[PDB]
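Beta-lactamase GES-2 in complex with ertapenem (bound form).
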Amino acid sequence: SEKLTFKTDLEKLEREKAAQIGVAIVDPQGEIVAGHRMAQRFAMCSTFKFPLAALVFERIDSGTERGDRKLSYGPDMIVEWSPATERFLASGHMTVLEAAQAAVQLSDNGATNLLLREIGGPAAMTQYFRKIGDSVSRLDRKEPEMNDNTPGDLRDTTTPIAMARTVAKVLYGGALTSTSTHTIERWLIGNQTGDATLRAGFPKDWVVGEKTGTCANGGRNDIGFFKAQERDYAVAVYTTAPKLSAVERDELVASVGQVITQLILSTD
Ligand SMILES: *C(=O)[C@@H]([C@@H]1NC(C(=O)O)=C(S[C@@H]2CN[C@H](C(=O)Nc3cccc(C(=O)O)c3)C2)[C@@H]1C)[C@@H](C)O
Ligand SMILES: [Ca+2]
C-alpha cells in the first residue's frame, strides 16, 4: 500500500524529529488524494498571504479594486521583514499589485498589512474564506501578532484539508478569472522564499508553486500546487517542530515533499 508507506514515513519523521506534520493533497475539485492530521488545526502564519492575494484578485476581477491603485504609507507601516516596503518607502507608495506580489513572493509583512487594511481587515479576510466555501480558516490579527502560534490557540488557524481545498478553489475551481488565475499561479512558481522547503523535495520536472510560512514555537508551513505531468494537485503542509533548528525545519518540509513524491509516483 503506497498510502500506508506514506503514513508510515510521515510518522517516522514525526517520531524522529519530535514534530507534528499536517498534510492534505487534493485533486482540482477538492477530492482527497492523501493526508495526515488533515483536520488538525495549525497556525497559518505567512501562508494566509496566498488567500489574501486571491481576495485582492477577486476584487480586481470584480472592479471593486484596481491593481494599479497607489497605496500611500509612511514608516509606521514598516514591520519586521518588510524588504519591498522598505525599498519603496521613500517613493511613498506601493500599488495594490506591487504589494500583493511582495506579500506572496517575499512574504513582505508591511505589504501584507497595507493590503489587509484596504480589503477590510482580518474580519474581511475571514469573510472571503467563508465566501469560497472554507468554513474553517480564520484570520483574527494582523502582522506580526498573527504569527504568535500560542499552543492550543485557534486564532489565525486553518487545517491542512481546509487550506488545500481553498488552494484548489482558487487555482482550479473558478474563483478567479483566467487571467488572474494565471497571474497568481506564476507568482507562486516565482516565489523567492521556498527554495529549501517543499519544492526542494519534488522532482525537477514537476511544475510547483507555493507560499511558505514560519512562525514561533516551531511552525514551518508550505502550501500551493504541483503538476506531475498532466495531473494537477493542491497541497497544504503545516508542521510544528519546536526542538529543530531553522535549517532542520526547512529540511523537514523538504522531506515531506519527498514523501509526497513517492506516493504520487507510485500511484500512477
Ligand atoms: C510568515 O510566516 C512570516 C514570514 N514568512 C516567512 C516565510 O517562511 O515565509 C518568513 S521566514 C524568511 C523570510 N524570508 C525568508 C527567506 O530567507 N527566504 C529564503 C530565500 C532564499 C534562500 C533561503 C534559504 O534556504 O536559506 C530562504 C524566509 C517570515 C518570518 C511572517 C513574518 O509573516
Ligand atoms: Ca508613519
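Residue numbers start at 1 and run along the sequence shown. No hydrogens, no waters, no symmetry mates; every other heavy atom, side chains included, goes into these values. Atoms within each ligand, like the ligands themselves, are counted from 1 in listed order.
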Every copy considered, what are the ligand or chain positions of ertapenem (bound form)?
ligand 1
Write out the residues of other chains lying under 4.0 Å from ertapenem (bound form), heavy atoms counted.
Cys45, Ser46, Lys49, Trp81, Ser107, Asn109, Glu143, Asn147, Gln192, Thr193, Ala196, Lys211, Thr212, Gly213, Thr214, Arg220
Which residues that bind beta-lactam according to UniProt in chain A have at least one heavy atom within 4.0 Å of ertapenem (bound form)?
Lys49, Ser107, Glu143
Nearest protein heavy atom to atom 25 (O) of ertapenem (bound form), by residue and atom, and its distance?
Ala196 CB, 3.4 Å
Heavy atom of the protein closest to atom 5 (N) of ertapenem (bound form) (residue, atom name, distance)
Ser107 OG, 2.8 Å
For atom 9 (O) of ertapenem (bound form), find the nearest protein heavy atom and state the residue, atom name and distance (0.1 Å precision).
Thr212 OG1, 3.0 Å
Write down the covalent anchor of ertapenem (bound form): residue and atom, or none.
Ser46 OG
Looking only at protein heavy atoms, which one is nearest to atom 20 (C) of ertapenem (bound form), and how far off is it?
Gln192 O, 3.3 Å
Protein contact to atom 30 (C) of ertapenem (bound form) [nearest heavy atom, distance to 0.1 Å]
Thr214 O, 3.9 Å
What residue, among UniProt active-site positions in chain A, has the smallest non-hydrogen distance to ertapenem (bound form), and what is that distance rounded to 1 Å?
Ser46, 1 Å
Which protein non-hydrogen atom lies closest to atom 28 (C) of ertapenem (bound form), naming both residue and atom, and how far is it?
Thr193 CB, 4.4 Å
Nearest protein heavy-atom contact for atom 32 (C) of ertapenem (bound form): which residue, which atom, what distance?
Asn109 OD1, 2.8 Å
Below 4.0 angstrom from a heavy atom of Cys45, which ertapenem (bound form) atoms are there? Numbered from 1 as shown, please.
2 (O)
Does atom 13 (C) of ertapenem (bound form) have any protein heavy atom closer than 4.0 Å?
yes
Looking only at protein heavy atoms, which one is nearest to atom 33 (O) of ertapenem (bound form), and how far off is it?
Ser46 OG, 2.4 Å
